[PDB]
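A look at one PDB structure holding indinavir.
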Number of protein chains: 2
Amino acid sequence: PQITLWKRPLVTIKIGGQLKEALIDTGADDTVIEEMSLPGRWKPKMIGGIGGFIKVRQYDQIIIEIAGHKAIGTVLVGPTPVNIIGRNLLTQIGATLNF
Amino acid sequence: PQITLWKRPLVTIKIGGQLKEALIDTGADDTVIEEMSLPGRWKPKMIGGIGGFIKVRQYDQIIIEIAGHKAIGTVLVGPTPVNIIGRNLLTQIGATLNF
Ligand SMILES: CC(C)(C)NC(=O)[C@@H]1CN(Cc2cccnc2)CCN1C[C@@H](O)C[C@@H](Cc1ccccc1)C(=O)N[C@H]1c2ccccc2C[C@H]1O
């Protein structure tokens, strides 16, 4: 598929048995998901946005399905205002920017 | 070109006649550049992302070259951690996401 940039590039994802909407974000190094109760162990992390840092829980080896394509990797969970799919997972689905 | 996402998608820009490096950021609604002197009138604005808000100067109708492609549009200037090319200018240069 191709996604234009007139509007925020939102897609459906599946994570932890739930469907959500998420932003395809080439500027994000990491994937950040809104607060949800994912199972198992996690590690504390702080991550920086344009405005400063927030506290998140780092979960490793988490499977996400992104617009029908699987990715496995690290997912950060915390109080983000949007679900963000970052480069760590976008590479796995073969996503590119083109112009 | 076609840009993969294993590294940050950094490109060279020209703004106010000066070369800078900037991040292609599909998760950014707007374009924000680190503090610099820029010709034109501006108006105060606030933008928010992860971590909160920053105060910026909004410059309308600014000529900017992005990886050799011309755009003319709104450029925000302020204490962003990195120079960011957002959707307002990515649309101008014809950028799409593909997977
Ligand atoms: C891993 C994490 C998500 C924390 N990364 C970021 O936030 C990075 C931070 N770097 C910086 C950094 C910080 C620390 C270390 N390395 C890099 C700058 C680039 N952002 C990526 C942005 O695309 C993130 C989005 C998130 C968002 C989208 C919609 C609404 C709220 C939040 C973002 O901040 N977008 C905002 C945005 C951005 C620019 C201009 C205007 C606007 C408005 C809004 O679209």
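Heads up: chain A is whatever sequence line comes first, chain B the next one, etc. Since chain A takes its numbers from the PDB entry, the residues it shows come out as 1-99. Per the PDB entry, chain B residues shown: 1-99, in order. Remember, it's 1-based here, ligands and their atoms both numbered in the order they're listed. Going by what the header records, the deposited coordinates were determined by X-ray crystallography, 1.1 Å.
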>> Any idea which macromolecule indinavir (ligand 1) contacts most in this entry, and what the PDB entry calls it?
In response: Pol polyprotein
>> OK, heavy-atom distances under 4.0 Å: which other chains does that catch around indinavir (ligand 1)?
In response: A, B
> Which residues from other chains neighbour indinavir (ligand 1) at a non-hydrogen distance under 4.0 Å?
Replying inline: A:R8, A:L23, A:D25, A:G27, A:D30, A:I47, A:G48, A:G49, A:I50, A:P81, A:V82, A:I84, B:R8, B:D25, B:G27, B:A28, B:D29, B:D30, B:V32, B:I47, B:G48, B:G49, B:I50, B:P81, B:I84
> In the protein, which heavy atom is nearest to atom 39 (C) of indinavir (ligand 1), and how far is it?
Replying inline: B:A28 CB, 3.6 Å
>> Checking a contact table here: which protein heavy atom is nearest atom 3 (C) of indinavir (ligand 1), and how many Å away?
In response: A:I84 CD1, 3.7 Å
> So which heavy atom in the protein is nearest atom 9 (C) of indinavir (ligand 1), and how far is it from that ligand atom?
Replying inline: A:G48 O, 3.5 Å
> Who's the nearest protein heavy-atom neighbour of atom 7 (O) of indinavir (ligand 1), and how far?
Replying inline: A:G49 CA, 3.5 Å
> According to the entry, what organism does chain B come from?
Replying inline: Human immunodeficiency virus 1
> Quick one: nearest non-hydrogen protein atom to atom 17 (C) of indinavir (ligand 1), plus distance?
Replying inline: B:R8 NH2, 3.5 Å
>> Return the closest protein heavy atom for atom 10 (N) of indinavir (ligand 1) as residue, atom name and distance.
In response: B:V82 CG2, 4.4 Å
>> Pairs of nitrogen or oxygen atoms closer than 3.5 Å, one from B:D30 and one from indinavir (ligand 1): do any exist?
In response: no
> Among protein heavy atoms, which sits nearest to atom 35 (N) of indinavir (ligand 1), and what does the distance come to when rounded to 0.1 Å?
Replying inline: B:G27 O, 3.1 Å
> Nearest protein heavy-atom contact for atom 19 (C) of indinavir (ligand 1): which residue, which atom, what distance?
Replying inline: B:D25 OD2, 3.3 Å
